[PDB]
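Pictured: proto-oncogene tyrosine-protein kinase ABL, co-complexed with imatinib.
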Amino acid sequence: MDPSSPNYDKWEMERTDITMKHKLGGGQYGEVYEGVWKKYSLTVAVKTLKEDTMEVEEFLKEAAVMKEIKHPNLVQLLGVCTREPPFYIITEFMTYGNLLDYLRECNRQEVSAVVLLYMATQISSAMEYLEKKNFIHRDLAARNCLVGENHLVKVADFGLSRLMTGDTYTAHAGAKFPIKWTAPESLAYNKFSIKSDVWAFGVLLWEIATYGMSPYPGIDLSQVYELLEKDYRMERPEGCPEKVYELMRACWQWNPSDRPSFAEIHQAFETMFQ
Ligand SMILES: Cc1ccc(NC(=O)c2ccc(CN3CCN(C)CC3)cc2)cc1Nc1nccc(-c2cccnc2)n1
Ligand SMILES: [Cl-]
Ligand SMILES: [Cl-]
Ligand SMILES: [Cl-]
Ligand SMILES: [Cl-]
């Protein structure tokens, strides 16, 4: 917009510059469309807001939040169109889609053990950065990660709460939570911190080591807490290095203060990967 204007925002861009297309992922992400940033012949993802919905306040808050973060392993904000409806939030488009489906559909000969370790290392790096900035993710899981070229992985947040139609998210006082990725303190006291993100990261590592399997297979949601309290934890996935599993259990300590920090988790992975 206008550089001299009192309301100048470098991120605001021209709605006309983007060629809007079909909805991304057959609708799995919601009101997110594939687009073409003409000026650069660049394919992008454009999240928008339904036909004037009572969520503008939340939408704009997301946009503001994204303008505050930047890291090679966090989906990159490219611009916004929150001056006049329909509101837009544009980020890069990741060629191979979300990590969950990527892991389930990949060439396992290509996506070997070293590659899995590499993917977990990139994710821990992004979280280490959010930790540093005192930000909290709240919904860390393979489904919220994107895969680019050369196994580049980036953490995102698609606000899947009401989008998912499966048993991943379950109701709780007008809100939905992915019970199998939620820390005990979060299920019991609605307390979310970077430590509950670390617990969720533990589950994510499990998803990665199993090439995308569902957590606590077979166990019904209503008994998960009790079991975690009884000190039950997921077994070491087949082929999962001892060191990585050791990391998993540390993330699953009942007491959050006893869980390693992402700084420690990442430092550990670097050592390993090398
Ligand atoms: C178009 C868009 C708009 C917004 C976002 N937002 C985020 O990804 C995100 C990540 C981290 C935070 C940080 N925030 C801190 C506070 N806590 C509570 C929540 C998280 C916020 C938003 C992503 C996108 N990108 C996006 N969205 C859906 C699908 C895809 C997609 C799908 C397939 C291939 N390529 C891209 N890409
Ligand atoms: Cl500026
Ligand atoms: Cl996807
Ligand atoms: Cl936050
Ligand atoms: Cl890409």
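One-based numbering along the sequence shown. Whatever order the structure lists them in is the order used to number ligands and atoms, beginning at 1.
The location of imatinib, copies and all, is ligand 1. Heavy atoms under 4.0 Å from imatinib belong to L24, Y29, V32, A45, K47, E62, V65, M66, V75, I89, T91, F93, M94, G97, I136, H137, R138, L146, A156, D157, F158.
In summary, the atoms of imatinib found under 4.0 Å from a heavy atom of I136, numbered by their order in the structure, are 15 (C), 16 (C), 17 (N), 18 (C), 19 (C). Nearest protein heavy-atom neighbour of atom 28 (C) of imatinib: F158 CD2, 3.4 Å. An N or O contact shorter than 3.5 Å is missing between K47 and imatinib by distance. Atoms of imatinib lying under 4.0 Å from at least one heavy atom of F93, given by number and element, are 34 (C), 35 (N), 36 (C). At under 3.5 Å, not a single nitrogen or oxygen of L146, backbone or side chain, sits near a nitrogen or oxygen of imatinib. In this deposit, the organism assigned to chain A is Mus musculus. Most residues around imatinib in chain A come from the UniProt domain Protein kinase. Taking every heavy atom of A45 and a limit of under 4.0 angstrom, the matching atoms of imatinib come to 1 (C), 37 (N). Any N or O atom pair closer than 3.5 Å counts here, and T91 shares at least one such pair with imatinib. Taking UniProt's list of ATP-binding residues in chain A, a heavy atom lies under 4.0 Å from imatinib for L24, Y29, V32, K47, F93, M94, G97. Residue contact check: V75 has heavy atoms under 4.0 Å from atoms 7 (C), 8 (O) of imatinib. Any N or O atom pair closer than 3.5 Å counts here, and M94 shares at least one such pair with imatinib. Other ligands and ions with any atom nearer than 4.0 Å to imatinib: ligand 3 (chloride ion), ligand 4 (chloride ion).
In the deposited model, no covalent bond links imatinib to a chain. Here the protein heavy atom with the shortest distance to atom 5 (C) of imatinib is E62 OE2, 3.5 Å.
Taking only nitrogen or oxygen atoms, main chain and side chain alike, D157 reaches within less than 3.5 Å of imatinib. In terms of protein heavy atoms, atom 21 (C) of imatinib is closest to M66 CG, 4.0 Å.
The atoms of imatinib that sit less than 4.0 Å from any heavy atom of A156 are 8 (O), 10 (C). Atoms of imatinib lying under 4.0 Å from at least one heavy atom of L24, given by number and element, are 30 (C), 31 (C), 32 (C). Here the protein heavy atom with the shortest distance to atom 13 (C) of imatinib is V65 CG1, 3.8 Å. Annotation for imatinib: atoms under 4.0 Å from non-hydrogen atoms of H137 are 17 (N), 18 (C), 19 (C), 20 (C). In terms of protein heavy-atom proximity, atom 33 (C) of imatinib is nearest to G97 CA, 3.8 Å.
The UniProt active-site residue of chain A nearest to imatinib (heavy atoms, to 1 Å) is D139, 6 Å. Imatinib has no nitrogen or oxygen under 3.5 angstrom from a nitrogen or oxygen of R138.
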